[PDB]
Amino acid sequence: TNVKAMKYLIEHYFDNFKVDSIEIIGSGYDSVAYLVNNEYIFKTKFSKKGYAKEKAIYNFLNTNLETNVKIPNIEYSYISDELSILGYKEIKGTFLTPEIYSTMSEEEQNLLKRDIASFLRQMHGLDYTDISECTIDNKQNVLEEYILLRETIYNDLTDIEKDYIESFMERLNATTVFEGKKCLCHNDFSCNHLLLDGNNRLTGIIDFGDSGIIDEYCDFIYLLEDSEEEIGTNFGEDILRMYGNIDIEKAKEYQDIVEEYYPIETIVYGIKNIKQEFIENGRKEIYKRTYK
Ligand SMILES: NC[C@H]1O[C@H](O[C@H]2[C@H](O)[C@@H](O[C@H]3O[C@H](CO)[C@@H](O)[C@H](N)[C@H]3O)[C@H](N)C[C@@H]2N)[C@H](O)[C@@H](O)[C@@H]1O
Ligand SMILES: Nc1nc2c(ncn2[C@@H]2O[C@H](COP(=O)(O)OP(=O)(O)NP(=O)(O)O)[C@@H](O)[C@H]2O)c(=O)[nH]1
Ligand SMILES: [Cl-]
Ligand SMILES: [Mg+2]
Ligand SMILES: [Mg+2]
């Protein structure tokens, strides 16, 4: 019953809000999300690594997007250094999964793909001046993360681990995939964030918590992912073709680079948050990838 505490905080911070019911519907490792009154999502976090940007982004998009695809619309927010809460009406629907996709008719699949493409085209096309502050430079961030590695645990890594990192840094230095179009991206655009209605059409998109002005290629990273969690490379390829005017080969390169980085990102997260578990997981993942 983290629930009782959160109920207290909600009713305390939002003057006239009454919690008749509240259950946990999702949990990150940093955050917890709650379904309140079978109607409202409350996303909450205990510590500037908070929800101010995410709020600015919903507000920018609800103002500027013209689409029937629903996104969170923030009605309640409390933002402080130690605690952030965002409340919005739950988008209703079913989350896309590989299993579900595989039961869809070819036409249903095509329409879903089209809807996705169309959403991304609209969002990426937005004049982002009003949120110009929300920029993200992935290359620079990785360079800074590498420095942090060097200043902390690098020297205690194994040769195999070092070689995996250095081989990645060499690739990062040689790639051209950061030199293209920048635009506003969702930046965590995977199928556990996509909602379907009863006709298997795209009805909503959630979790713009990593969104920012970044490489156009970023929003295809999970659509191109080949894994148990995602639909598959062909799904992303097809979506890229529908989206148009984008170098597919570079999109795939970008995805492949971000996937190579994942275990390192996992390690860095563990260092930054003082969680050994993640440091260990990421190093182990390097070995699993090395021996594939
Ligand atoms: N779990 C196993 C899988 O993990 C990654 O893919 C998943 C990402 O981790 C998720 O994103 C999360 O992690 C990111 C940093 O990695 C964060 O930025 C983001 N805020 C988080 O929601 C994303 N939404 C779905 C995607 N399938 C690897 O690519 C994949 O090979 C591996 O099989
Ligand atoms: N049906 C539905 N579920 C939602 C909605 N918003 C959030 N959820 C559920 O709550 C979970 C957590 O939401 P999400 O924004 O992805 O937060 P997070 O990834 O756990 N936290 P963070 O983005 O800070 O890392 C989602 O995976 C989903 O299960 C919504 O509007 N509709
Ligand atoms: Cl370790
Ligand atoms: Mg999420
Ligand atoms: Mg998120």
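The PDB entry numbering applies to chain A: residues 184-230, 234-478, in that order. Note that these values count all heavy atoms, side chains included, but never hydrogens, waters or copies made by symmetry. Start at 1 and go down the list; that is how both ligands and their atoms are numbered.
- The molecule at ligand 1 is the drug named kanamycin.
- Measured by close contacts, the chief partner of kanamycin is listed under UniProt as Bifunctional AAC/APH.
- Here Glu414 has no heavy atoms under 4.0 Å from kanamycin, in either its backbone or its side chain.
- For atom 26 (C) of kanamycin, the nearest non-hydrogen atom of the protein is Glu415 OE1, 3.4 Å.
- Protein heavy atom at the shortest distance from atom 32 (C) of kanamycin is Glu411 OE2, 4.3 Å.
- Residue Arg475 places no N or O, backbone or side chain, under 3.5 Å from any N or O of kanamycin.
- Here the heavy atom of the protein found nearest to atom 31 (O) of kanamycin is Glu445 OE2, 2.5 Å.
- Protein heavy atom closest to atom 19 (C) of kanamycin, with residue, atom name and distance, is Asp374 OD2, 3.2 Å.
- Scanning the protein for heavy atoms near atom 9 (O) of kanamycin, the closest one is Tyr448 CE1, 3.8 Å.
- In this structure, the protein non-hydrogen atom closest to atom 15 (C) of kanamycin is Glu451 OE1, 2.8 Å.
- The shortest N/O to N/O separation between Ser413 and kanamycin does not fall below 3.5 Å.
- Summary of contacts: the protein heavy atom closest to atom 20 (N) of kanamycin is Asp396 OD2, 2.6 Å.
- Annotation: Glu416 places an N or O atom under 3.5 Å from an N or O atom of kanamycin; distance criterion only.
- When distances are taken between heavy atoms and rounded to 1 Å, the UniProt active-site residue of chain A closest to kanamycin turns out to be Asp374, 3 Å.
- Protein non-hydrogen atoms do not reach within 4.0 Å of atom 13 (O) of kanamycin.
- Defined by non-hydrogen atoms within 4.0 Å, the binding site of kanamycin is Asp374, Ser376, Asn378, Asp396, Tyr408, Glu411, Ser413, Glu415, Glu416, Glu445, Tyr448, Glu451.
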